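In the model that follows, one finds edaglitazone.
The residue numbers of chain A are those assigned by the PDB entry, with the residues present covering 207-477 sequentially. In each ligand, atom 1 is the first atom listed, and ligand 1 is the first ligand listed.
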Amino acid sequence: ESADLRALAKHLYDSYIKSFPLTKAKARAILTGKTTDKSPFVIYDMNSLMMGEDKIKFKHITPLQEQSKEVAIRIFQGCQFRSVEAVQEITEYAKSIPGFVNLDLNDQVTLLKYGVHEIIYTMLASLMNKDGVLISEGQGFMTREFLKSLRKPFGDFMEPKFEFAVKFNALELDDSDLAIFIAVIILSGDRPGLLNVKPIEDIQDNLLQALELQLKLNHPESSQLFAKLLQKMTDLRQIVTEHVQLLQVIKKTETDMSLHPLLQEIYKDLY
Ligand SMILES: Cc1oc(-c2ccccc2)nc1CCOc1ccc(C[C@@H]2SC(=O)NC2=O)c2sccc12
Ligand SMILES: Cc1oc(-c2ccccc2)nc1CCOc1ccc(C[C@@H]2SC(=O)NC2=O)c2sccc12
Ligand SMILES: CCCCCCCCC(=O)O
């Protein structure tokens, strides 16, 4: 019935607001500079990156052994820390999806392990436009050109996310749409190694119905938005699997290189 589906949509939106401090709405307000609550420092080359480090307050601190004087590695570490924050936000959010916590714990672990990066890239798009991306909770704005011009493959690290984002962002979802979509991602019955797929697919069937109603009500003029959104899950998968391969190539070209321990656990036996 439609009433239960609407209550689910509201419940998920409420949980998403409690779990994710930086929402798309706040990111869009920052990106549209007519909301001059402040203004992010624009980073576009080495000098501006070094200047931004002076001006931006960083929350996360790499161990001294893993600090690098090299611009591309410091940026890489900035990205990792966004993922370490997001994994914990996503976990809190997942526990509020009805039925998730009653699943076998091993299946909960599997759904998070394989779901977090597809969500991370979904919400990364909320911080991007065709010209660049917000960094450090919106204190800075790193340009896309700059990110393309990084050495070794870090151009291949950034550009596919930008290509995804500008198309994903043309769907014009809001946070109340995204709250349901990321729950659909988590409750994926096709993750490797799942033990009881049927209880997962039964939750996802309910989430898909709530997502379908929500897009119908919230985007009445957007033709086939539901279908187009679900097709983006294919793009998201490709970004993750290509990222995983790319990381297996940086390891060869740097034996000493370091992932945050949380990302080491996520990537371990991932694909
Ligand atoms: C928070 C974090 O981020 C990363 C990481 C991020 C990006 C790439 C690779 C790794 N890993 C950790 C966990 C470990 O974080 C620490 C361990 C130990 C110390 C104390 C001295 S410093 C040193 O180098 N070894 C020590 O015992 C210190 S101090 C500030 C941190 C820290
Ligand atoms: C690009 C950038 O720079 C900074 C920054 C720079 C200096 C200081 C502070 C911040 N902020 C951002 C935005 C965040 O953009 C990302 C977040 C997370 C990921 C995924 C990780 S990175 C990895 O290898 N495994 C993961 O989970 C990836 S990937 C391409 C981008 C990306
Ligand atoms: C690693 C060089 C300095 C930047 C690291 C930024 C991580 C903290 C943050 O802004 O989220």
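Mapped onto the model, all copies of edaglitazone cover ligands 1 and 2. Most heavy-atom contacts to edaglitazone (ligand 1): the chain UniProt names Peroxisome proliferator-activated receptor gamma.
At 4.0 Å, heavy atom to atom, the residues around edaglitazone (ligand 1) are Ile267, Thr268, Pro269, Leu270, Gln271, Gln283, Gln286, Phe287, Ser464, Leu465, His466, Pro467. Checked by distance only, edaglitazone (ligand 1) and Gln271 come closer than 3.5 Å through their nitrogen or oxygen atoms.
Heavy-atom proximity to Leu465, at under 4.0 Å, picks out these atoms of edaglitazone (ligand 1): 9 (C).
Residue, atom and distance of the protein heavy atom nearest to atom 1 (C) of edaglitazone (ligand 1) are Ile267 O, 3.7 Å. Numbered from 1 in the order shown, with element, the atoms of edaglitazone (ligand 1) that lie under 4.0 Å from a heavy atom of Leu270 read 22 (S), 23 (C), 24 (O). Intersecting the UniProt rosiglitazone-binding annotation for chain A with heavy-atom proximity to edaglitazone (ligand 1) (under 4.0 Å) gives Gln286, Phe287.
Not a single N or O atom of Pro269, backbone or side chain, sits closer than 3.5 Å to an N or O atom of edaglitazone (ligand 1).
Within chain A, the UniProt domain with the largest share of residues touching edaglitazone (ligand 1) is NR LBD.
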